[PDB]
Enquirer: 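The following entry includes gentamicin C1; I'd like to go through it with you.
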Amino acid sequence: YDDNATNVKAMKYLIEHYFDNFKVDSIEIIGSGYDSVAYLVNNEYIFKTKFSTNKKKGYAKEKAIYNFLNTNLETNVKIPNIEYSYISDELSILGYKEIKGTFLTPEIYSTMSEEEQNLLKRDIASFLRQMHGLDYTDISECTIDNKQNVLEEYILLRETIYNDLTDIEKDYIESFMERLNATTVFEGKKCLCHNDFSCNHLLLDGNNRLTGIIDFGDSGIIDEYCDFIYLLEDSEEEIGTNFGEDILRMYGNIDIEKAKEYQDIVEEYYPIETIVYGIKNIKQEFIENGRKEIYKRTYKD
Ligand SMILES: CN[C@@H]1[C@@H](O)[C@@H](O[C@@H]2[C@@H](O)[C@H](O[C@H]3O[C@H]([C@@H](C)NC)CC[C@H]3N)[C@@H](N)C[C@H]2N)OC[C@]1(C)O
Ligand SMILES: Nc1nc2c(ncn2[C@@H]2O[C@H](COP(=O)(O)OP(=O)(O)NP(=O)(O)O)[C@@H](O)[C@H]2O)c(=O)[nH]1
Ligand SMILES: [Cl-]
Ligand SMILES: [Mg+2]
């Protein structure tokens, strides 16, 4: 919070300016990202906002995805439904009715009965099955090639800071690139994926059932494996590897060992992704964090 509550005031002003008949009675910051801030307005609406950003056309795609899904999905699981939007280079805002519920965490999962956990898993698999099964023709432009993206990111590294890196850093990168070249995990089914499908985006109702999913801001047509990456993740923020496995078995018709290889490859990539983000957005701290993380990983066992 600020002394002038300046942030909330500016955003109040912008919301009321751009959405002619919209009246802000209350407004608080409910989240923030790398270059975004999310607000809860009138205890009822979520407004996601961003100023000038490296990924332009970002809130436009995300909007198009919400519209495609609200038209085409048949599910009881809620997702954002965009009522207000303002999109420009210098400012983008998306407003939708807040989905009510509690975000899944490791702690909450641990308190659930075995059966509750099973049902949650079933609900997740069933949603992913339905989304991955959609004919995505009407959003065929929202395509993401991860391998190619990584190859282009590697070139950017080589054109920028690569020569200043340590040998240890270089070896980490090259060793990953060799793995990227040898793997077959990009050669499988492509489909519409959420693509940031981690438990901080999953909402539970009062019966610990899946009631909503948020933040399709990275969604697109991509490898089917993508949506299992965080479900398979072993970390403090995610539930655990067995959670993802079970979900994969419920989901069915998918090579689990390849999903894991996909996840493991993306995990290996994370510090490099972090470096790249720092380069592209001119934020040194990200470059430094990624490089340090390479050393932590190098010295792990
Ligand atoms: C903006 N969407 C995601 C971003 O949220 C972030 O994804 C995070 C992702 O970074 C996070 O995992 C990474 O970061 C973990 C921790 C440092 N997160 C703060 C440690 C493990 C590592 N795989 C996941 N547990 C949750 C996931 N939503 O990175 C990729 C991305 C495309 O920028
Ligand atoms: N309860 C609830 N919270 C929401 C909803 N939409 C957004 N939020 C809150 O706002 C936060 C930020 O929303 P989100 O779409 O994830 O923002 P973002 O700009 O894409 N950031 P990031 O991609 O890093 O998660 C969420 O973590 C959550 O706290 C919603 O419908 N319901
Ligand atoms: Cl640095
Ligand atoms: Mg997001």
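Index from 1, following the sequence. Both ligands and their constituent atoms are indexed starting at 1 by order of listing.
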Enquirer: Could you point out every ligand or chain corresponding to gentamicin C1?
Expert: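 That would be ligand 1.
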Enquirer: Look up in the PDB entry the name of the chain making most contacts with gentamicin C1.
Expert: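 The chain with most contacts is Bifunctional AAC/APH.
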Enquirer: Within 4.0 Å (heavy atoms only), which residues surround gentamicin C1?
Expert: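 By heavy-atom distance, those residues are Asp196, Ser198, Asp218, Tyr230, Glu233, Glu237, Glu238, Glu267, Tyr270, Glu273.
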Enquirer: Mark up the atoms of gentamicin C1 that fall under 4.0 Å of a heavy atom belonging to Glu238, in ascending order.
Expert: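 It comes down to these atoms of gentamicin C1: 24 (C), 25 (N), 26 (C).
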Enquirer: Polar contacts were defined as any N/O atom of the residue lying under 3.5 Å from an N/O atom of the ligand; does this apply to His201 and gentamicin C1?
Expert: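 There is no such contact.
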Enquirer: Among protein heavy atoms, which lies nearest atom 10 (O) of gentamicin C1, and at what distance?
Expert: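 Looking only at protein heavy atoms, the one closest to atom 10 (O) of gentamicin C1 is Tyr270 CE1, 3.6 Å.
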Enquirer: I'd love to know which of the UniProt gentamycin-binding residues in chain A sit under 4.0 Å from gentamicin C1, measured heavy atom to heavy atom.
Expert: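 Going by heavy atoms, UniProt's gentamycin residues within reach: none.
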Enquirer: Just to confirm my output: which protein heavy-atom neighbour is closest to atom 33 (O) of gentamicin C1, and how far is it?
Expert: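 For atom 33 (O) of gentamicin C1, the nearest protein heavy atom comes out as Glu273 OE2, 3.8 Å.
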Enquirer: Can you figure out the closest UniProt active-site residue of chain A to gentamicin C1? Give the heavy-atom distance to 1 Å, please.
Expert: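 Answer (UniProt active site, heavy atoms, 1 Å): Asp196, 3 Å.
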Enquirer: Which gentamicin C1 atoms does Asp196 reach within 4.0 Å, using its non-hydrogen atoms?
Expert: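 That gives atoms 1 (C), 2 (N), 3 (C), 5 (O), 7 (O), 27 (C), 28 (N) of gentamicin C1.
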